[PDB]
Amino acid sequence: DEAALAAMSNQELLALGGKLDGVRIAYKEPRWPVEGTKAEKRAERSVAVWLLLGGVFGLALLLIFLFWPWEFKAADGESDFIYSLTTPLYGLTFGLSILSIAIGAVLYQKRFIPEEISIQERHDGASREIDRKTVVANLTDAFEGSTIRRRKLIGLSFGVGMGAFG
Amino acid sequence: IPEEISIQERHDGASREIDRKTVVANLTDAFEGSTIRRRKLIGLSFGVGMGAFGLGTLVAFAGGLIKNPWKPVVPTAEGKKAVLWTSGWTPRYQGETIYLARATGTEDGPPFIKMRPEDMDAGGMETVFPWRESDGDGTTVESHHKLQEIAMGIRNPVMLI
Amino acid sequence: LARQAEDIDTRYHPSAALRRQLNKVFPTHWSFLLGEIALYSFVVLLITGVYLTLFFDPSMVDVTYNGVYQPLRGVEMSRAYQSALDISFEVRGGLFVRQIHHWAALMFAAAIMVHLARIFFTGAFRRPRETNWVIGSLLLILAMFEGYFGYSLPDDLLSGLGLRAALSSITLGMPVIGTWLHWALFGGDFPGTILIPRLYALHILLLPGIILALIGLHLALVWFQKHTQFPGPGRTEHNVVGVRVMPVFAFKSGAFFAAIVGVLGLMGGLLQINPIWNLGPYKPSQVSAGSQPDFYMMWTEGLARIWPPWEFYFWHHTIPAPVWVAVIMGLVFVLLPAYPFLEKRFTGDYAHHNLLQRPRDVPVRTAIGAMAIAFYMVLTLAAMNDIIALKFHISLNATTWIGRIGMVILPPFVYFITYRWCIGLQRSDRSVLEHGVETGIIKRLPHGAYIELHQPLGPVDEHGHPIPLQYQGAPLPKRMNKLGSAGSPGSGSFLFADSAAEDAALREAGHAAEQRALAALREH
Amino acid sequence: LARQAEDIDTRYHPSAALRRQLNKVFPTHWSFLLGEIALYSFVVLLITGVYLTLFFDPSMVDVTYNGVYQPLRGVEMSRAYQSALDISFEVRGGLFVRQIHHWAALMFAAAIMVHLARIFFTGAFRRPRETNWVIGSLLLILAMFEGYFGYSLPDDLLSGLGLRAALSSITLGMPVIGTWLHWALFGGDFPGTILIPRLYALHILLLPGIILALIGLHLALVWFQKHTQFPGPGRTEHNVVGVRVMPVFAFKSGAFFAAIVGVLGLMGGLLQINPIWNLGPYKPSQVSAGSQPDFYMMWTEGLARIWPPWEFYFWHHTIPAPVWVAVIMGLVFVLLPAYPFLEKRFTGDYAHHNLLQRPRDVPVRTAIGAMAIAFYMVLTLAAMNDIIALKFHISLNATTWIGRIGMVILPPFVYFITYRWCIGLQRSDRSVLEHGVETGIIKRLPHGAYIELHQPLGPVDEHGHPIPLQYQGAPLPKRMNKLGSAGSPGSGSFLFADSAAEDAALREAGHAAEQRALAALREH
Ligand SMILES: CC(C)=CCC/C(C)=C\CC/C(C)=C/CC/C(C)=C/CC/C(C)=C/CC/C(C)=C\CC/C(C)=C\CC/C(C)=C\CC/C(C)=C\CC1=C(C)C(=O)c2ccccc2C1=O
Ligand code: HEM
Ligand code: HEM
Ligand SMILES: CCc1nc2ccc(Cl)cn2c1C(=O)NCc1ccc(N2CCC(c3ccc(OC(F)(F)F)cc3)CC2)cc1
Ligand SMILES: CCc1nc2ccc(Cl)cn2c1C(=O)NCc1ccc(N2CCC(c3ccc(OC(F)(F)F)cc3)CC2)cc1
């Protein structure tokens, strides 16, 4: 490129980055081409009520954990039935709150984030011969330069010593 | 091994402008394309929901460890007190006798025996413990538990001068 | 946050690896989340176990209970059992946490097994990925044994029986080493004083560490050898078609994580698992009637149940029956990791593969897998003999013999049926390739003939019949409504209609965008 | 192994990252191994702790010993103390292993402190590396507390006193929260039933995991932000001069690892550390004279000893003395990680730096560091009051007051002396730059004058005096023999000489290679 990389809009920069990485995004499309409609408002309201429910029942979890009779009361005189509901309530509030959050997120991704398709340019297989030859030359020279190949006594004593220690 | 010198070509500093501009464009387009900026209600409800869930979860996580240090659990002669104000020298039924027993270091029958004022000279010191004759010697398992709990109490020992 | 971002950039200048990781493409098939399920289960296990370690005391010394649970007051028990009872009844929210822990362990095992089934049937273990298959097999074995050591910790009657029988008396029976292994592991004879602390150390520290290292290596290998994909419109052996990480994939992954955590919390709050207080502390003199392990060791138990009593007595020695269970177990654990090499030796195919196979295109491997699954199901059902014979009124000896014979005659029957079924599916695909898609409409053709109005998938010849297509390894439509044939409902909300202009505009833009997506992905 | 290497290359094709990591250059200064020391100590700690976990039982229930150690038979002790005694006396090689563990912990702490001293004095924390400094500080704090929790595990009299005093009665005294923290941590009043298992879980699982993650992050940051270096002949702010990893650096690192393991094994076999059997089990009624924690908490103990008794009593409340120790220790732990930002705010220098500073070129920072080290030494020596006053015949009150006054008058004295010393070293360098290196030879100059025969380091003017050089941040020679002046001994072995031809050839080739190295590194 150049210094005049500026004055370039967002989409040319994005396609340039993609081609630098090997990615070629085809078919990017907004979800609501027309402006404000009633369908868009309805979808937004539906996505919002789920997160509202999640927050409300997270608060309910906090309140239940703080102010519920939890101690072991079991007997056959005072049938408690309030203690037998203490763990079910914890689960019912916790799991349902986080489930509502997850469902709201999935709906938001399915109805507002644009739809796209991309292609990645695997580049699999063996390496380019350049790298193979260079790395094998590096390894072979590091090994032959130490002259250890023609030093039998050092190598064998080293082997026996390490083996005995281990 | 041969002797060598090498030089590495650091290449430090900020990135080339190419990469900075491209990555910032990617981030900005991924953010503006979701249209979340002009969706106030979704964002704020999402924030409040996640905040409430996180708060409730953390409170439930750290709520089993917390204990009240001042709940009355120790029975004494004026009702029940907190642990940090009873000592083991505290009377239990308004007029009980608590002896100054001493340790013998043996476990045939006595690990604790009573004392008389004449068992000490003018330059002596001795450690003593509360006895409560209803504890008995260390024969049965019940009395052995009582005695081993007397021996390990951080406010029990006393110096007799 | 411009100032902070720039100062990070002059101190670290990533700006290129971040761009290289934000543009990575991942395929989007519902079948590629069965590993995420296991990963999230493992994360939840880590968190809840770290919570649990703050209250557990792993000793085997005897105490008298003197607690809040009244029907057990005065009973003499170990210190681990008392600590588990104290977690259950005296910590606010402890029963909930240990129930989540146990349910998450079960989901971990089940998700691992379903993921293995996918990997095997789609053929995703071929040339570039045998080592990743091997790592997965090791992870499976480790998960099994970790769950076992885990539920054997709060020593009660059931856990004690399981330990005693399986561990003690199968390690005790090995041919030569045998008792030496038993005494090295238990420190002596079966009920010792060092068993529970040793299991605790193995369970919270060693096996989780090994599993974490292996999971890291697994995910690294999957990240740098890009994912496989199914054959389709624009898919080749040289590209990956999907969505980039940047906006979409992280979002979907996080939402899936939250949904799995929600399911686990719900079923850990509403369903009861392992009520140790209904049991008692372990004592070598008393026993109960249902003595099963969790569902991932039930096959081991069933194999021990339905194996005949064949022992060998020679000079001054004895080879008992459970040796057979030992060698069969080992043979299974050795035949699992060495399968890709066997298949490549037998079929003689050594090429690189990045496109998956449909299970109907490989009839022999699908039949082998179905046979193995049938064998596993027989072994698992042979473990609940007592429950089956009690609830469903069947004799007990009858169930034993049913298992003993099924173990031989069910696998081959399943093999035969699965082979024929795969070829039938292939033929059904070829018929819709040759002709068109059946619409289900009948005509009468004035000279009293009935035809059925097929619908072609491609070009047509001079006299209206479609020219046959060629198979390309991709699924074909069979119902006319899956193709856009009868669609486009009203555009109200649920009870009140919208305007006609809005309906027309939305329908028309939707049609245009669909057509553009199709035409774009074809042309590449 | 050509076949295996090639098949790895067609399955993974690294071949370029391996080349990129085999050519990385590392500087070679003896001062750059003080971190390797700590890393190797940590590895040895991991191994020996994994060994130790197979025999330890962390309970607080009471038992009677009935073991092999006779002077303790019949004594009632906890289960942890008995397990430690069993490790010491009844496992073949257990005492050796726990002694190695303790010595390795000590070496870990000492190496961390020496490494921090290097990093501080050379100035290697400037612009690109403040965050790496912060990570190091966190690692230091975690190591301190991990060692503390570790040696408090086999609860004997000394460990019990340390726990009680420090933990219980300093957490108990905090202004408002106080007792709430105490009861959340101990589960009740001081001697509980859940303390030792909780410490065990914290010590073998959590803190090692956090330390491992932080060490990984530390080494990654050091790997990708290349190492610093000292100014010299061919060194610039844009290059790294040293040796490649490939043949040399891995070799030196491995040899250093083996030598450190050797030293640790030797001193774990020959010197005795923590003989818990000479002590007894912990009992709240008996005490001894030493007290004393390991040398990395001695400063905390000394600060508690020499701080005057200043308490505040207002309406219905009490603020005791150890609150002071609490705030001072927190202030130290907060002032350690926030130093680079303070120095850059005060000096106003915000540039990138890759060349280190000699500690004599920065007098103010060197004086600050010397003052801090003197303060630390005073606090550490004030902790062994009893031992010092007993062995060296000094009064005890005298040692208390000596510490109490030294705490105020020693740091400034050390500051003053260190400042003047740094400037003196600078002047000594400038003198040998202006003139030559003093040879120590005297002449008499026939008109009775004595000169001293300097030796120039560069060019000379018309009348024989050298032209002064400029300082370049690099060390200068001061002895004539460090320059090749008197060298070249015989070339025998030790008692028999070699031939003259061999001696001449070896000397001459050595001289040539030296000259070539010099001329090559200059010219770049
Ligand atoms: C296989 C199985 C399925 C069969 C079934 C068997 C059975 C039935 C099931 C299980 C039954 C039970 C009994 C099994 C027993 C398992 C048991 C628990 C085994 C435990 C495993 C083992 C013994 C644990 C101990 C060993 C272990 C802890 C030691 C490993 C060392 C650790 C992990 C490494 C930590 C350090 C690491 C982060 C850094 C690595 C070094 C780095 C990369 C280079 C160093 C380095 C760097 C990076 C610089 O940048 C640098 C810059 C400038 C100068 C110098 C350096 C420099 O030196
Ligand atoms: C990684 C796979 C794991 C599996 C499959 C697993 C499985 C189990 C199971 C099924 C139980 C029985 C719980 C009950 O019945 O109440 C258990 C107990 C336990 N687990 Fe795990 N666990 C795993 C990891 C961990 C980890 C990483 C830790 C700690 C860091 C841990 C800590 C514990 C403890 C302390 C217990 C005993 C407490 C009790 O029984 O209430 N677990 N484990
Ligand atoms: C990482 C830094 C560590 C430090 C500074 C440290 C320090 C210590 C010290 C000083 C002791 C006292 C030993 C004695 O006096 O006999 C100890 C005990 C112990 N350590 Fe560590 N340790 C570390 C890591 C580990 C690890 C990673 C493990 C296990 C995986 C471990 C397992 C143990 C065990 C089981 C004991 C108690 C056994 C006994 O006291 O004999 N430690 N630790
Ligand atoms: C029969 C099983 C069973 N019946 C009941 C009845 C009631 C209840 Cl409640 C539970 N069960 C169970 C049960 O829990 N089954 C799970 C199980 C099975 C076997 C093993 N064994 C561990 C190590 C041994 C081993 C050790 C060393 C070896 O090395 C050698 F010798 F070199 F090969 C080889 C094998 C074998 C498998 C663990 C858990
Ligand atoms: C006086 C010390 C001493 N005398 C002896 C005598 C004999 C023997 Cl053998 C040993 N010793 C030692 C001793 O062992 N010294 C090491 C030591 C010192 C202090 C701390 N700390 C614990 C946590 C506290 C804390 C925790 C949380 C807090 O809450 C907040 F505010 F949120 F942070 C506040 C404070 C602080 C001090 C640990 C080890």
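Quick note on labels: first sequence line is chain A, next is B, and so on, each numbered from 1. Recorded method is electron microscopy, 2.7 Å. Only this structure's heavy atoms are used, side chains among them; waters, hydrogens and symmetry mates stay out. Portion of entry displayed, and contacts counted within that portion, nowhere else. Each ligand, and each atom within it, is numbered from 1 in the order the structure gives.
- Present at ligand 4 is the drug telacebec.
- Within 4.5 Å of telacebec (ligand 4), most heavy-atom pairs belong to the chain that UniProt identifies as Cytochrome bc1 complex cytochrome b subunit.
- Counting only heavy atoms under 4.0 Å, the other chains near telacebec (ligand 4) are C.
- Residues touching telacebec (ligand 4) within 4.0 Å, heavy atoms only: C:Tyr148, C:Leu158, C:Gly162, C:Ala166, C:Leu167, C:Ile170, C:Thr171, C:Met174, C:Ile177, C:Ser291, C:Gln292, C:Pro293, C:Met297, C:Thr300, C:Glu301, C:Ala304, C:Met329.
- The N/O atoms of C:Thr300, backbone and side chain alike, include one that comes under 3.5 Å of an N/O atom in telacebec (ligand 4).
- Transmembrane segments of chain C with a non-hydrogen atom under 4.0 Å from telacebec (ligand 4), numbered from the N terminus per UniProt, are 3, 4, 7.
- Among the UniProt-annotated heme-binding residues of chain C, none has a heavy atom closer than 4.0 Å to telacebec (ligand 4).
- Considering backbone and side-chain atoms together, C:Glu301 places an N or O closer than 3.5 Å to an N or O of telacebec (ligand 4).
- Shortest contact from atom 23 (C) of telacebec (ligand 4) to any protein heavy atom: C:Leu167 CD1, 4.3 Å.
- Listed by number with element, the atoms of telacebec (ligand 4) under 4.0 Å from a non-hydrogen atom of C:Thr171 are 26 (C).
- Per-atom contact check: atom 10 (C) of telacebec (ligand 4) touches the protein, criterion being a heavy-atom distance below 4.0 Å.
- Protein heavy atoms are absent from the 4.0 Å sphere centred on atom 21 (N) of telacebec (ligand 4).
- Of all the atoms in telacebec (ligand 4), the ones that sit under 4.0 Å from a non-hydrogen atom of C:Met329 are 19 (C), 37 (C).
- Nearest protein neighbour of atom 13 (C) of telacebec (ligand 4), counting heavy atoms only, is C:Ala166 CB, 3.6 Å.
- Given atom 30 (C) of telacebec (ligand 4), the protein heavy atom at minimum distance is C:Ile177 CD1, 4.5 Å.
- The protein non-hydrogen atom at the shortest distance from atom 31 (F) of telacebec (ligand 4) is C:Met174 CG, 3.6 Å.
- The protein heavy-atom contact nearest to atom 36 (C) of telacebec (ligand 4) is C:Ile170 CG2, 4.1 Å.
- Distances from atom 17 (C) of telacebec (ligand 4) to the protein include at least one heavy-atom value under 4.0 Å.
- The C:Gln292 neighbourhood of telacebec (ligand 4) comprises atoms 9 (Cl), with distances under 4.0 Å to a heavy atom of that residue.
- Nearest non-hydrogen protein atom to atom 1 (C) of telacebec (ligand 4) is C:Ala304 CB, 3.6 Å.
- The nearest protein heavy atom to atom 28 (C) of telacebec (ligand 4) is not closer than 4.0 Å.
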